[PDB]
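Entry with dactinomycin: notes follow.
Chain naming here is simple, since letters A, B, ... match the order of the sequence lines and numbering starts at 1 in each. Modified residue -> parent or X. Extra atoms: not counted. The analysis underlying the following values was restricted to heavy atoms, covering all of them including side chains, and did not include hydrogens, waters or symmetry mates. Structure method, as recorded: solution NMR.
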Amino acid sequence: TXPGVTXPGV
DNA sequence: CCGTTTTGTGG
């Protein structure tokens with residue numbers, strides 16, 4: 001996720 | 001050590 005907590009996706 | 005959709009990053 002994110003960053004933080006990538007994306008999603010990417 | 002964290003975190004869902006795609007196979008990854010600054011926090």
Across the whole structure, where does one find dactinomycin? chain A
Can you peek at the PDB entry and tell me the name of chain A? actinomycin D
